[PDB]
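Structure (with tetrahydrocannabivarin).
Each sequence line gets a chain letter, starting at A and going down the list. The numbers used for chain A are those of the PDB entry, and the residues that appear cover 117-756, in sequence. What you see of chain B is 348-578, where the numbers are those given in the PDB entry. In order, the residues displayed for chain C correspond to 694-756 in the PDB entry numbering, which applies throughout. Cropped entry; intra-crop contacts only. Start at 1 and go down the list; that is how both ligands and their atoms are numbered. Every heavy atom of this structure was used, including side-chain atoms; hydrogens, water molecules and symmetry mates were not.
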Amino acid sequence: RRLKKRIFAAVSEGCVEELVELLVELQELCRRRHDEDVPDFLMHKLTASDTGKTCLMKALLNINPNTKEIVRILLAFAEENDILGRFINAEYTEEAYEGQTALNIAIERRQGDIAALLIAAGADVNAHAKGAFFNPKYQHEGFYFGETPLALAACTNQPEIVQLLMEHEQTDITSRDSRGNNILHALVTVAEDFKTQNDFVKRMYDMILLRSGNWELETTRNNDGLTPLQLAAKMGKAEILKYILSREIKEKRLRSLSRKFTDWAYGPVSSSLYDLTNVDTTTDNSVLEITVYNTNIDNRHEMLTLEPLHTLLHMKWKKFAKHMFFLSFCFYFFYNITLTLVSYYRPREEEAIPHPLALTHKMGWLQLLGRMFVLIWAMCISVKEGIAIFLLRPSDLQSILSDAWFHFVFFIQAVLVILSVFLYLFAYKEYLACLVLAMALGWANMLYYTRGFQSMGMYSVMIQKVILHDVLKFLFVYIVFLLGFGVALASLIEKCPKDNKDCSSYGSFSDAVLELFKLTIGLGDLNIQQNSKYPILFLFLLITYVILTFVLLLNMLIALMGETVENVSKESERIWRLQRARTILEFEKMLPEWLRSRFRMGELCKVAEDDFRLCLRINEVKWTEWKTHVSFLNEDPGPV
Amino acid sequence: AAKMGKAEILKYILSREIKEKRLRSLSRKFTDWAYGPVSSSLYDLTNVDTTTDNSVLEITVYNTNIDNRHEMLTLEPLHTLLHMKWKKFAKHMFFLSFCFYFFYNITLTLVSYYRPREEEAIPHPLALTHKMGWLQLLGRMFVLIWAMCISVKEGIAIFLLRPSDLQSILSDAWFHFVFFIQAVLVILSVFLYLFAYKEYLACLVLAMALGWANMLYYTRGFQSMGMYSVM
Amino acid sequence: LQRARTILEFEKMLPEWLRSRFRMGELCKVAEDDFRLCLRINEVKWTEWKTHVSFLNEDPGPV
Ligand SMILES: CCCCCCCC/C=C/CCCCCCCC(=O)O[C@@H](COC(=O)CCCCCCCCCCCCCCC)COP(=O)([O-])OCC[N+](C)(C)C
Ligand SMILES: CCCCCCCC/C=C\CCCCCCCC(=O)O[C@@H](COC(=O)CCCCCCCCCCCCCCC)COP(=O)([O-])OCC[N+](C)(C)C
Ligand SMILES: CCCCCCCC/C=C\CCCCCCCC(=O)O[C@@H](COC(=O)CCCCCCCCCCCCCCC)COP(=O)([O-])OCC[N+](C)(C)C
Ligand SMILES: CCCCCCCC/C=C\CCCCCCCC(=O)O[C@@H](COC(=O)CCCCCCCCCCCCCCC)COP(=O)([O-])OCC[N+](C)(C)C
Ligand SMILES: CCCc1cc(O)c2c(c1)OC(C)(C)[C@@H]1CCC(C)=C[C@@H]21
Ligand SMILES: CCCc1cc(O)c2c(c1)OC(C)(C)[C@@H]1CCC(C)=C[C@@H]21
């Protein structure tokens, strides 16, 4: 293998003369040495076995200003000895790198000129790469282009090569990779925001679709049942989603491939009929379901401006969800009042036994429907939220924000009511402690129903983000000081002469924690005389607790100050639109078949000749940029 | 460049790529490979790690006569190098610290509210227990050994205090003293009580209150709490 | 910053055998007659492109 290793060193450096020298020798060699299987042994003297790497690969992996040459001498050599098929179509063999061919290397190293040669020489254009570096799971183990040479040219912004590969036949544009993705899914995969990758996926996602001329690639489910449209929604790619929905192909013969059919235009005013094929919840998983109920991404706020949704969210509220949100509040109001107008009349007395909420049995009519409404609606929450418990594929944060703080307290409230009626039934006196939490949890949870009511809605967000993030810290350090300084003053106190009982406020530890607790809130009375060994030390630990406590309270107002000036005006108004969206859809999931169909949005359209699809009209006004409006669906400018 | 605090020049010395051949040997940014956007850059750690004597990672951190030590620690054979040392060994040792310093104050505290809150003739507060059960033996004994342990150790941090330009005040030394004072007041008392003095109680109580407030120190490897203990 | 002092102050404590085990780095053939420690830091960059020529090892990736 001396001739083998030296030719590898030849393509490496760039020595063309030294290459042509051994070029003759391998030509002189194979005629008489190891004949009768010439092209196999000849190839075997070019294969870097245990890797599959041939000379042509070794040439283009290592680019030098003298590289266009060494390719040509090997290609003309492949022509003479007739190995041109297996020569170019050879691939690596190891699992870490499989399928990587010559065309795969040339498209990466920006040698677009050499690419045109290898394609014309008969390179398998619809190649693949099913290795590990080419299908990583974690980041920074490799690069996912999509197991086609076309994708690597498009993902890496090589439009000249994409056009050339595209025009050449045998270029199956409807191909599919290992994980089922076609060329369009992969472009949705590798696409970041404008801070990162500039815009070229938006431009290259356009170029392939315009020329394709069919509703084929945009309607392909990879393996898990996802189109490029749905895939863009799940991963959280906002820029590409803005294009897919609001796509106008003004050039005729491809107006059919649009979703922005302009109904008409009279000067500044125009009417754009967007489409709602797979955006509404009529079918299975859609944008409006994925965009809202997803939690594994972070930018769900920015997506809900994209505007066959925002108009679509608002109209669902005006129709049905505004009412159902209020019909909810009236029953949940009547419930707590019922639970409360039992709790302050029957428990505040004792004869032998009161039955608190059980089957009334010797009470008037007023109290029958009272107690009965509690148990049925108590079980009703107790069941329902439990399904929301179960369908809780882990909300990435936790029980904490984005919804699940509230579905538990609803659940806990329902359990504690029914739990008590079981406790009381056997014998137990523990019924009262459960009704009282059932009130206090209930009243504080009426605060929940403030989201379809604006500015209050933003206020119920700010309280929540504040009782998760800053106050929880302040307690945790306020505990350790209180419990810390609590012992110090609870131990410095000494003998309580029984002749002078209740000798001091600070006695046991339990009293020290509270009489310090009353001090913090601004309540009670203080006298530095309490029976102690050191009245000088007994105060220094107290004035200590005043200062050290006080300092954190200033860390409080500034830590929220450093939170509110950055967040509120953008934070509250936007996540409010989010949680309001879940409320709309969650009601739409409830509705029966006949009632949902009646309230289904949309209006039919003749967007083109052989094309009827749903729509949603959104008028607008625009003055700054003008045109001689030519793209009309219907020429008559206006309604009717 | 590290000692004087010159950040711009340090950014160049570490991340130097001499792409032109014949002088690639003079680099510290050897690219292992590159496949399109993804690449792998093998930076160097000749005199950046603490394997040898005074280095960047020792000078950049322990220096106080400059002001811009923050901006330097982004320069990135350090930031990656700081983070990996934590994941390996220092995350654990920081928590093994907190458990013993937790068990210490609880020990010091579960003596302070049971024996001092009574008086017969004399209680021996923390001395050699001598007619107590096993629970109280390892209790008192753990206090004195670990009390001396802080009392010694921080004292070396006292001595190796080429004046931290501010003072005892910020950038570290506010906390190494209260650790020291806490350790002194405990052992100081056991000496005071030994002779005859009644002053033992006043020292145990500061030993608690200083101790509990200094548990706030151990909040730095735990993020957002860590930023709160700075503010 | 203060987190950095905590890391090193612990590293100053560690005995000889335990420090050597936890020593970072990996050997490299950066050049012909040159072996030195290293630390791999991968990255991602999209805005500026080039026909990458400066390779230590030609095989693009781990292993
Ligand atoms: C976060 C902490 C937990 C939160 C809790 C939240 C709720 C607040 C909790 C309130 C509890 C209030 C007192 C309860 C009733 C008394 C019983 C008791 O506990 O004490 C008994 C023993 O215990 C002691 O004497 C305490 C000594 C150890 C202090 C531990 C503090 C740890 C904080 C570390 C923080 C780590 C920070 C880490 C930083 C990274 C003595 O009590 P007594 O005199 O025998 O009892 C009176 C008798 N009576 C009741 C009949 C009248
Ligand atoms: C024609 C009528 C036939 C009956 C249809 C019945 C349909 C009702 C649906 C599903 C039927 C099954 C009921 C299950 C009961 C428990 C569900 C539950 O929790 O509900 C909630 C109320 O949610 C509601 O949907 C309101 C229920 C009041 C009756 C509405 C009738 C009018 C609907 C047509 C109106 C058209 C008006 C538009 C203008 C033209 C109670 O709140 P919660 O316990 O905290 O629940 C969590 C959810 N939440 C926090 C987001 C609120
Ligand atoms: C600056 C203004 C803003 C901030 C202000 C600070 C805010 C608060 C910060 C911190 C809380 C501070 C603690 C206060 C406790 C005082 C009372 C005490 O310790 O002893 C007393 C009670 O003792 C108990 O009841 C023992 C504790 C029981 C466990 C429940 C703790 C409640 C905390 C829930 C946390 C909810 C978290 C949910 C929200 C996120 C006396 O003990 P006793 O003798 O046993 O009882 C007397 C009656 N008996 C003799 C008849 C039995
Ligand atoms: C194989 C084990 C053999 C033993 C090795 C012994 C090594 C220990 C080192 C030095 C030995 C000498 C000890 C001197 C005692 C006083 C020092 C001191 O203050 O310590 C501190 C704890 O600091 C620690 O280092 C933790 C000590 C607990 C034992 C750790 C054993 C596991 C080490 C291997 C773990 C590998 C796990 C990684 C995953 C694989 C106490 O806090 P402080 O008093 O306030 O001190 C100031 C410093 N501080 C504020 C920054 C915290
Ligand atoms: C008001 C914003 C939403 C809300 C509702 C609640 O029901 C409660 C909330 C918050 O905070 C906690 C969990 C601390 C409360 C504990 C006890 C009660 C009586 C109520 C709990
Ligand atoms: C909490 C942040 C760090 C800290 C720890 C402490 O130990 C103390 C701190 C601060 O402030 C002073 C010095 C005023 C305290 C004096 C008395 C006590 C009981 C504690 C002192």
Point out every copy of tetrahydrocannabivarin in the model. ligands 5 and 6
Under a 4.0 Å cut-off, which other chains come into heavy-atom contact with tetrahydrocannabivarin (ligand 6)? A, B
